[PDB]
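Drug present: ociperlimab.
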Amino acid sequence: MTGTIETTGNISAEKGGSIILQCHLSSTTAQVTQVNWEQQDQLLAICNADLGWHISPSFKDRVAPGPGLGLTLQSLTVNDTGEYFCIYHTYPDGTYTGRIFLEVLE
Amino acid sequence: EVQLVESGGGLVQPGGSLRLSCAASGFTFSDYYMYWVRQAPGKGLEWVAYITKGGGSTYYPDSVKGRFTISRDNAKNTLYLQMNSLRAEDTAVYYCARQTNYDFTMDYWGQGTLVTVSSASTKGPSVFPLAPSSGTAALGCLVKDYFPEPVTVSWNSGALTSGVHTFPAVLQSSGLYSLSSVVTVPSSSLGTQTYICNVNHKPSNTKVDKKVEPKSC
Amino acid sequence: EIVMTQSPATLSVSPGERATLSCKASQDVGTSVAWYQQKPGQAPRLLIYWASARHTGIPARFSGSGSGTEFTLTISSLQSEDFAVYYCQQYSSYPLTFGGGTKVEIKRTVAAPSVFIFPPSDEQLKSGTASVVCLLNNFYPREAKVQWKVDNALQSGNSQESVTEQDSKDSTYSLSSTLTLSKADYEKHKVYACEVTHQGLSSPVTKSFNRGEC
């Protein structure tokens with residue numbers, strides 16, 4: 001129930017640069033077990049509480065984990081324009097989701 | 001229970017084209033990322049195709065790139081592999097696989113469907129007996145000179161199972177496979193019990209029974 | 001591409017004992033390494049993901065270790081059912097690549113094979129070619145020699161052998177040797193013999209038939 005997700009919002013970047021995607025679960029003491037980073041079509045990363053960061057091989061060239069629970073995109077294409085999602089797997093509350101819209105311009 | 005069923009395997013001439021099918025059930029097919037993996041007879045596993053949950057992105061190895069095309073139809077609960085400009089070394093059992101939605105690999109595989117790339121011609125088997133001779137005795141069948149794979153071999157329509165060994169086919173120099181299937185029974189049953197092997201070779205549409213009798217003489 | 005090499009190729013293990021398997025990546029693959037069990041005739045079954053995490057439904061006697069380039073699967077008290085070829089796989093980057101596998105056989109007491117010889121079918125004789133068949137039945141271990149004597153002359157280059165997968169109930173193996181000649185060549189000779197040597201026989205065992213008798 002009680003707890004929200006704040007994000008970096010709707011942002012914009014030049015082609016070829018980097019962006020940081022950050023999220024922050026707040027207003028709850030429930031423990032974060034996993035966080036997934038996803039595009040509208042593909043999952044990009046998973047930070048596990050036990051086992052750590054895995055990065056989807058479709059983005060190994062261009063995606064560093066963090067800082068913190070965020071994620072850094074490296075060589076943005078206009079193809080990267082769209083929605084992004086940090087999904088918070090949590091106990092006891094459940095799945096919290098924050099959303100970011102990115103637009104890569106030329 | 002997650003279920004994946006592959007379909008479409010068979011003989012195709014080099015340069016030709018074939019199209020494979022995986023039929024899903026027991027899980028929301030549209031939430032999951034899907035793979036194709038292939039395995040030559042006796043050899044190992046080779047990743048061949050990856051696709052996103054909605055089909056937006058596809059990834060191939062250099063080996064097949066520009067010839068294979070992975071795809072899905074989400075309402076048919078079906079994943080497809082379109083194999084163009086086929087080569088001899090494309091011969092393998094082809095499996096579709098589902099990605100873990102908690103990691104980036106494969107949790108469940110289908111049973112597979114077998115593709116065979118050869119200029120050779122289909123041909124069905126002849127089946128000769130291995131008659132019991134001179135306690136327990138042994139008898140069997142010889143499924144000789146067929147192409148391509150596979151053949152199944154039952155005994156007494158499935159009533160005979162314990163004691164059977166249906167051997168790996170070996171390819172002969174002719175270009176044709178051949179195998180044996182045997183079973184060891186009690187001697188006393190020889191004068192009494194009937195023994196038929198039920199040989200099936202679906203690429204040919206052959207299915208044949210052969211009685212094996214203690215040929216007294 | 002990232003080459004994954006497993007070692008050793010083969011491992012025979014007594015039941016209740018521990019097998020230890022090794023996968024070595026040609027570059028850092030992190031902990032993006034999975035292990036798969038493939039039973040003969042079957043699809044691969046996922047055992048370990050994330051190098052250490054065990055897939056649900058997998059017994060805790062399986063166990064995965066490693067990070068970086070050196071990974072290790074461990075089966076701590078083997079059972080007859082654990083007989084399969086085990087595969088490692090990195091998913092750090094494309095192309096997703098697999099090891100060559102490690103085959104694992106169950107160990108048991110030695111078992112001398114039962115041998116049988118089969119003269120070619122009267123109906124295949126009309127074919128023009130003959131096929132004598134030699135059956136080594138339910139033996140252990142899997143190494144064995146089959147030589148074809150044709151009127152006490154040893155054959156070479158005209159035989160083909162085949163072996164079953166390790167048997168599910170008694171962990172034995174079985175063999176099929178098939179000698180083929182011209183039916184023309186078949187009637188030029190008279191004593192057809194199959195000679196079998198194997199660690200469970202005090203000495204070689206031979207079985208034979210005379211062409212024409214029956």
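In what follows, every chain begins at residue 1, and chains take the letters A, B, ... in the order their sequences are listed. If you check the header, you will see the structure was determined by X-ray crystallography, 2.7 Å.
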**Ligand numbers or chain letters for ociperlimab** = chains B and C
**Chain with most contacts to ociperlimab (chains B and C) (name per UniProt)** = T-cell immunoreceptor with Ig and ITIM domains
**Request:** Point out the UniProt domain of chain A where most residues touching ociperlimab (chains B and C) sit.
**Result:** Ig-like V-type
**Request:** Extract the source organism of chain A from the PDB entry.
**Result:** Homo sapiens
**Top chain of ociperlimab (chains B and C) by heavy-atom pairs with chain A (cut-off 4.5 Å)** = chain C
**Request:** Give the residues of chain A that have a heavy atom within 4.5 Å of a heavy atom of ociperlimab (chains B and C).
**Result:** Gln34(A), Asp41(A), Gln42(A), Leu43(A), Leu44(A), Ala45(A), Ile46(A), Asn48(A), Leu51(A), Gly52(A), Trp53(A), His54(A), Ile55(A), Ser56(A), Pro57(A), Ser58(A), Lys60(A)
**Message:** Just need the list: residues of ociperlimab (chains B and C) within 4.5 Å of chain A, heavy atom to heavy atom.
**Reply:** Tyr33(B), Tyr50(B), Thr52(B), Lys53(B), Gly54(B), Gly55(B), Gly56(B), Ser57(B), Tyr59(B), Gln99(B), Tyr102(B), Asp103(B), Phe104(B), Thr31(C), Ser32(C), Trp50(C), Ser52(C), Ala53(C), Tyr91(C), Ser92(C), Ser93(C), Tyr94(C), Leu96(C)
**Request:** Quote the name the PDB entry gives chain B.
**Result:** antibody heavy chain
